[PDB]
Novice: 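Can you keep this structure in mind? I'll have questions shortly.
Every chain is numbered from 1, with letters handed out A, B, ... down the list of sequences. Lab note: partial entry displayed, contacts enumerated inside displayed portion only. Keep in mind that the numbers below use all heavy atoms, side chains included, and drop hydrogens, waters and symmetry copies. For ligands, and for the atoms within them, numbers begin at 1 and follow the listed sequence.
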Amino acid sequence: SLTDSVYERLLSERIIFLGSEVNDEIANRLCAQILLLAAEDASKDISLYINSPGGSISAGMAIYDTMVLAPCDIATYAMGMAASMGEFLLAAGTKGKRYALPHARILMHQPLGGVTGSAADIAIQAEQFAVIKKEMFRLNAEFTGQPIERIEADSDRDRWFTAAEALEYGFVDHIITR
Amino acid sequence: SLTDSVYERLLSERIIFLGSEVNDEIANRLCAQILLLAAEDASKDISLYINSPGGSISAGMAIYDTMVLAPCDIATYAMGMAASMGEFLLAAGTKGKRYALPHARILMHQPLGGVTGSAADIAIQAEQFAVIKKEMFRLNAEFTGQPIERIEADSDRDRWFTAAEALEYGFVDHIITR
Amino acid sequence: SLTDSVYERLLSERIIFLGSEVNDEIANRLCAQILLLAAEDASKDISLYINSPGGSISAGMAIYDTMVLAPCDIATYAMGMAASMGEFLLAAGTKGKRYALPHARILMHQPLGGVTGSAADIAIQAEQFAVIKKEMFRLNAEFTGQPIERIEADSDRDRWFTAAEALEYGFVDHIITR
Amino acid sequence: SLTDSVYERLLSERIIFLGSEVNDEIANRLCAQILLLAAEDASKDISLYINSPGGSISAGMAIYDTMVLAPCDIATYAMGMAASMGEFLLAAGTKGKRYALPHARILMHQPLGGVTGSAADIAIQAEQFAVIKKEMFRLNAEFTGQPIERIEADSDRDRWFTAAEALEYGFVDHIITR
Amino acid sequence: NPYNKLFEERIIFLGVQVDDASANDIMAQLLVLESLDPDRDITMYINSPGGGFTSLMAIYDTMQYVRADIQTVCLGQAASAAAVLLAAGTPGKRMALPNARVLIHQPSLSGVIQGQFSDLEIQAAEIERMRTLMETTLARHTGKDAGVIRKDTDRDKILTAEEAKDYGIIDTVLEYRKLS
Amino acid sequence: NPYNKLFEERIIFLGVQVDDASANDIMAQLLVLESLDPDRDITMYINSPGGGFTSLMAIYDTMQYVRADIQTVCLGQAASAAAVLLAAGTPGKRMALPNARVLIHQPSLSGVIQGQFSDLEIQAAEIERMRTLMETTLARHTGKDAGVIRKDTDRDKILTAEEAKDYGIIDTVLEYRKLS
Amino acid sequence: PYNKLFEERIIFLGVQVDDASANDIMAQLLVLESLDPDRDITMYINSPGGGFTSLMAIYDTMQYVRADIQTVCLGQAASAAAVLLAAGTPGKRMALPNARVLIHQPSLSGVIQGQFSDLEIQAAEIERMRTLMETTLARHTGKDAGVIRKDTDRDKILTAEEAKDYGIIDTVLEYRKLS
Amino acid sequence: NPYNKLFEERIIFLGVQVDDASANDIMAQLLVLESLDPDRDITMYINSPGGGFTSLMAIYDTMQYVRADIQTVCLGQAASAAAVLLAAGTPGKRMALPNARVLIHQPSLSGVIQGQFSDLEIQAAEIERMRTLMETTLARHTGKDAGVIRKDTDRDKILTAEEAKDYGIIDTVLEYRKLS
Amino acid sequence: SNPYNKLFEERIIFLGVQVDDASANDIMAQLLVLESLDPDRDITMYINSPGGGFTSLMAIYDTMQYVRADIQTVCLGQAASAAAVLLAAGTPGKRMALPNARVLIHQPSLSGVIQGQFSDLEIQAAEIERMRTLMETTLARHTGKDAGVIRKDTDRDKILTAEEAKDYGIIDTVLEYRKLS
Ligand SMILES: CC(C)C[C@H](NC(=O)[C@H](Cc1ccccc1)NC(=O)c1cnccn1)B(O)O
Ligand SMILES: CC(C)C[C@H](NC(=O)[C@H](Cc1ccccc1)NC(=O)c1cnccn1)B(O)O
Ligand SMILES: CC(C)C[C@H](NC(=O)[C@H](Cc1ccccc1)NC(=O)c1cnccn1)B(O)O
Ligand SMILES: CC(C)C[C@H](NC(=O)[C@H](Cc1ccccc1)NC(=O)c1cnccn1)B(O)O
Ligand SMILES: CC(C)C[C@H](NC(=O)[C@H](Cc1ccccc1)NC(=O)c1cnccn1)B(O)O
Ligand SMILES: CC(C)C[C@H](NC(=O)[C@H](Cc1ccccc1)NC(=O)c1cnccn1)B(O)O
Ligand SMILES: CC(C)C[C@H](NC(=O)[C@H](Cc1ccccc1)NC(=O)c1cnccn1)B(O)O
Ligand SMILES: CC(C)C[C@H](NC(=O)[C@H](Cc1ccccc1)NC(=O)c1cnccn1)B(O)O
Ligand SMILES: CC(C)C[C@H](NC(=O)[C@H](Cc1ccccc1)NC(=O)c1cnccn1)B(O)O
């Protein structure tokens, strides 16, 4: 393809894209790309440009674990939109290497889901939703450097950030302007 | 493909196309192409020909940030239609290098969206719609050189421009006629 | 593909095809092909064979602007059907190089559209429909050499032409018979 | 493709992905990859990274049998999500080589199915559901080292594990943190 | 209506698919006719394709509850649940027209019901409880041994009325009043 | 109608899926019969597949509110919501026909309801409040300990009428008036 | 049986509060005002709510009539129906002991599209609807509207015994027979 | 019906979406009440979401035609056409309940209507004729200057009843007869 | 009694809905009953219709021309397509319309595509020109126009206000309100 050819040539320059909703297909693609790029050069940075409306928690936790366990530093770039799991994986970049493009918008909000089934199933899902939401807030508190009480308060409904507000809040480390 | 082969050969001549609705897939393709072309030659111009009915704000802000942070000058070309995000990315080109083909039409209008959910969610969406619309009008005021009050007044409903009217208004810098 | 391979080999012989409805995808393909062929040889003619039921005004205005601003002469060929934007881009060819195949049919009619939204939106759409229809009739008057009053009268409803009637009317310059 | 190209280059580095629902198409792909990688080098480990929401029992039993009968050690990696057949094939890895990424979540639950048809058909399906559930619990008891009574009790409804809880329970052997 | 004239002469009418709507109507019809004349026989006309086991056993228990003897008459079809209701009439009664089609078969699930294997162990213990109850019910009304009912309702067993009398579903094949 | 003859002899009739339409009818029927004779017993026929918890507790509270004792009778099925209404009758009452199917199980959500995790923490605290209320209600009407109800309604618990009497859902299995 | 309830001056909400259901109840409220303006109209509520202008159509009519409104929650008063439950007369507003009162802020069912000037107004209206829902549920519950805003931030399901403590109802309705 | 008691006391009732079905009913109701008492006031209750311009001007012209003064009363909503009909009542009349929602906005096309640009030049000259007529009608009934109506109905203008009185849509906000 | 029954008792037929085979058959039944009740007292016809249907038009048209009673057509909010022809089809000295009524005349159309061989479509087009010429001939002896003026004017949608449907000849008087209000 053309779009796959431009992405392959930027994969050669160690630039990968989270450019859609973080589902398992895009996550396993990025996890494969981070494993492929950490196998080629384990010392050069991987540039993850994030134009993402968010996505699955477990799909983005696959990416986040592959970002952390890569010996490369994952430079993340908020490009237009880093919402939900996009803001998570943005803030999950290497400290000092989390960038916002100056008109990127950052959406931190608590996870979406759905309960279904019997009341014993839903009691397990909500027990697990409390586990997922506590760990998602713990990591956003670890990434941004904010308290987990402030992360839980701000990420109660949609909490939008500009690039300057995300720099103050702690999702990104720099706003690049070249 | 054929269409991908002609686009790849114009990518080699540093000519990229915004030829559809600006969604995240076309934006991440163009952002990848601008990053690929700025990596090859950081001093040659990139010609972005825009035949676009508009699109997502955050997708076009990804393109606009990639256009600005590219060391290349992004020559933009209104080709037939530059509505919504198409007029934005047209006017987002390098000053002196924003071109309208003589029968291109330019549509500047305020952003479309949708409110949904509870009244506390909608109060956040409208708070963010006021942020998006103020920054979209600020940048169209910066691009065209018009006041932000005139941009807000003219882009209240659909405001159509010919190539000559867009030259007077400030979206393009030249009407090329060869 | 096969169909893409035959089109690519005719692209090498500078023969391009408007063979479907003129939407933005086919227009951006043809605009890319005219830009690609004008970059290879800026002095050899491009043969645009048109089997088209018409299409979008702004998509065909993208093609028409790329046809005019190409340093090549765009030889156009009515092949079976040049209706709506197909007749426009046929008559938009280089004078002396607009051809009708002897059983091609030419359909000149005023543009189709749709009004929607509030009455202030529709007042803008109809203001712009009067702009589009005046410029579409002005260019068909420029192409055919007919008065704009005759173009407006004949292109009020569907006005069909044979190859001989389109030669008299002015859409084509020759009926080729080899 | 791009995604197939990154997977092929990790197939060359003996890294395969269970990255979706375990149906017969993904199982026959993985079974083919394990047979292909055990034919190339019968002594190097195969890294199976599992981002899976579960799937078919018989599809995952195809993978599990191909994992066991491969002379390679199948290193399994819980990457984000190892639910149902994903937790099974995770725990089905070589002992000492079952890894959880530190934010992977493990979902052990009894198999889902559906009864249909006449009451003599359903009596056979439930006879076979008792066979499938006993062998699925026997193997999870063999993998984790837990008693089959504890596997049957915990995997009665959804039983979620973090990476640390799955290490204590016995699905994984290490939590890798690099 | 012509149905109202039938109900006035104490003829309930099955007619349609045995479901929760049809079972609730017939039980209302059976109890009203028990209250009107508890000693005069209710006649039950059956042209039903059956279906529904709890709708079966709602109709079945009610026509067994009422003091009035139930004269079941199969019209053109008593398939599935409706054949159990046909056998559910009083002995010395239970007519069927000569070209009626009695169809007995084991209970089924219409479509797939999903769930965990503990959920499906119970939906299968119920469909065997439904099967055993359908064979136990069709044994004390046909005089068979339930195990014979299980072997015969293993598949669709279509009975002609003349061989539904030999089977014990009905007791007499209904002779025509005029030859015509 | 035959239903009007049942209602004239003070028999409300559940019959259908317990929803907002069916609960509103039965509460209208329960209060009219309280106004007609507050000392004569309302009989409730139950052939319902259940469903709906607020429609359950609308019917439940109304049949507990009225001065007339409620004689619940299970016809072919009382499946959740309807099995709670079956136990909701007066002690010394609550019949069921011998092949009735009493089905008790914990409350569910029909389909997925989406939302933020704070929205779903509340939809789950409610479905546990619905579950605990369903087990508390089915404990003072069955004599069980609510924890036994929670262990038994963990899955679908289908009760035959003879073992819904042993469970405390009903008090007597309804003998037939004629053998037939 | 509904006609016997209406003959004894009991209107019956019963269904989803929409334009069809609000128009019926307002017709029922005004007829019973004309029959006996001094005898109390009773309102039975088993509704899932919904609809704000259908709410405030029922709300204003049951506030307009001279007859005091005795609201009774049957199994559910949700969204618009819990506001109608609090809308009864003080010293009235019963609820059955297992009734489910559900108060939450107004929502848009589905997405409504438009320009950002159109959506600035559809959001100023849903905040006007929210503030009116909290102002209405404050003079009928005795709360401070800001407490109503903090409590209806999410779904607030009230049991009848704690909808009495909240001020939605005034008494939890004791059964006439134990049974 | 309760609606028949309202119509007997000369209250027409808009209630639903203003379309060809609803406009034809109200015009039939307006002319019957003109024939019954031409000197006694017709009351019009409006809880409508509006819609339809020729259905608006069918109702509008009829309530202007009849000799009886029209007392419009907004119930919960007078949106679009409904708000023009609300202003269309007699001066010294036109009540609205205190939490009524008056919504004025310019005419729209529900969905896209296709055609040639000569067809769409006429469908747009009509929607501007519909817009100007909606603003001319809402100017002699509100006392505004039509150009103020055009600037205000540029978007959705939701009016509370207390500020629809200041706007001229209604003349008094309807006080409650009992505090409650 | 319905309010429509009170209108029909005072000899007012009511078009109201889309002119189709269901609506035309009702109005013809209403026109002939009122001819039988009083053949000398005028039938009033209220028109709020979007039109449509040509044989349903000419079924209503011929019946309201057949009856001995003069037809007083009154346009309520809309007379479009077939309904504007029925509005002009009333008796001269009659044919009122309310002041904000919308009279819409346009040439006949085919709702959707009808397929077929070109000999089938030559006949479906000779019929739609026979329908067009009949619609213009009918709307010429009721408006006083020359059918060729009707053809030039109904080339597109011609929306007439009631004050300019009186100048066009569709109606004869714009109906003054009995009270100012
Ligand atoms: C990152 C978090 C904090 C915010 C949002 N995340 C979620 O809501 C997503 C929802 C989703 C997205 C795509 C596909 C399936 C499910 N989280 C989950 O995947 C999820 C949902 N429920 C339970 C556990 N995980 B994001 O996707 O808007
Ligand atoms: C460019 C601006 C000024 C005008 C329009 N842009 C937008 O508002 C578009 C609307 C849109 C486009 C595609 C898919 C979904 C929504 N931008 C957005 O995506 C959007 C919408 N609401 C809030 C924030 N961003 B145009 O692109 O149609
Ligand atoms: C060429 C002209 C004179 C006649 C026809 N062209 C149009 O009017 C086309 C037909 C079309 C194609 C795709 C989508 C929508 C509409 N219309 C337009 O592109 C159009 C319509 N309204 C405003 C601006 N452009 B033909 O191409 O069908
Ligand atoms: C895998 C074990 C641990 C538990 C769950 N199993 C299942 O749900 C799956 C259901 C499924 C999934 C995908 C395609 C077809 C069927 N179990 C089965 O494959 C199955 C179902 N019925 C009989 C025998 N096997 B898990 O995958 O959700
Ligand atoms: C002789 C009779 C009992 C056999 C047939 N009836 C059934 O098996 C019917 C067919 C059916 C209907 C709905 C859902 C599932 C199955 N069985 C049931 O009613 C049924 C209901 N729930 C669980 C299991 N079976 B027949 O009546 O079609
Ligand atoms: C006695 C109790 C268990 C009643 C049972 N019914 C339910 O579980 C029903 C099933 C249902 C229906 C509609 C929407 C969501 C869920 N529970 C409810 O009514 C319900 C309603 N809202 C939230 C939670 N549950 B049973 O299945 O009839
Ligand atoms: C007591 C109050 C809050 C009533 C609430 N009602 C609503 O949320 C409803 C839900 C709804 C229904 C139809 C269309 C859009 C939205 N709100 C409305 O009626 C509504 C109507 N138009 C605009 C905004 N909201 B309930 O759901 O909490
Ligand atoms: C009072 C004015 C603002 C009327 C408002 N609505 C309209 O504009 C309505 C909405 C509508 C309905 C059907 C087809 C097209 C458009 N306008 C019309 O009735 C209409 C009808 N034909 C052509 C143009 N507009 B409102 O919703 O009543
Ligand atoms: C006053 C006359 C022109 C009535 C007009 N009616 C029509 O255009 C209608 C539209 C229509 C309806 C059904 C099927 C095909 C076409 N014309 C016809 O009734 C019609 C019926 N068969 C063939 C041709 N035209 B109206 O739309 O102007």
Novice: Please tell me which drug sits at ligand 4.
Specialist: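 It's listed as bortezomib.
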Novice: List the chief contact partner of bortezomib (ligand 4) in this entry, with the name from UniProt.
Specialist: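 The main partner is ATP-dependent Clp protease proteolytic subunit 1.
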Novice: Which other chains have a heavy atom under 4.0 Å from bortezomib (ligand 4)?
Specialist: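 By heavy-atom distance, the answer is D, E.
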Novice: Quick one: what name did the entry give chain E?
Specialist: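 According to the entry, ATP-dependent Clp protease proteolytic subunit 2.
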Novice: Could you check which residue UniProt calls active site in chain D sits nearest to bortezomib (ligand 4), and how many Å separate the closest heavy atoms?
Specialist: D:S84, 1 Å
Novice: Can you check whether D:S58 has an N/O within less than 3.5 Å of an N/O in bortezomib (ligand 4)?
Specialist: no
Novice: Do bortezomib (ligand 4) and D:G55 have nitrogen or oxygen atoms that lie under 3.5 Å from each other?
Specialist: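 By distance alone, the answer is yes.
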Novice: Less than 3.5 Å between some nitrogen or oxygen of D:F129 and one of bortezomib (ligand 4), yes or no?
Specialist: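 No - when backbone and side-chain N and O of D:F129 are compared with those of bortezomib (ligand 4), no distance drops under 3.5 Å.
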Novice: Taking both backbone and side-chain atoms of D:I57, is any N or O found less than 3.5 Å from an N or O belonging to bortezomib (ligand 4)?
Specialist: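 Yes: some nitrogen or oxygen of D:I57 is under 3.5 Å from one in bortezomib (ligand 4).
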Novice: What's sitting near bortezomib (ligand 4)? I mean other ligands or ions under 4.0 Å from that drug.
Specialist: none
Novice: Return yes or no for this condition: an N or O of D:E21 is under 3.5 Å from an N or O of bortezomib (ligand 4).
Specialist: no
Novice: What would you say the binding site of bortezomib (ligand 4) is, if we count heavy atoms under 4.0 Å?
Specialist: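 By heavy-atom distance, those residues are D:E21, D:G54, D:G55, D:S56, D:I57, D:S84, D:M85, D:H109, D:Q110, D:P111, D:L112, D:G113, D:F129, D:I132, D:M136, E:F117.
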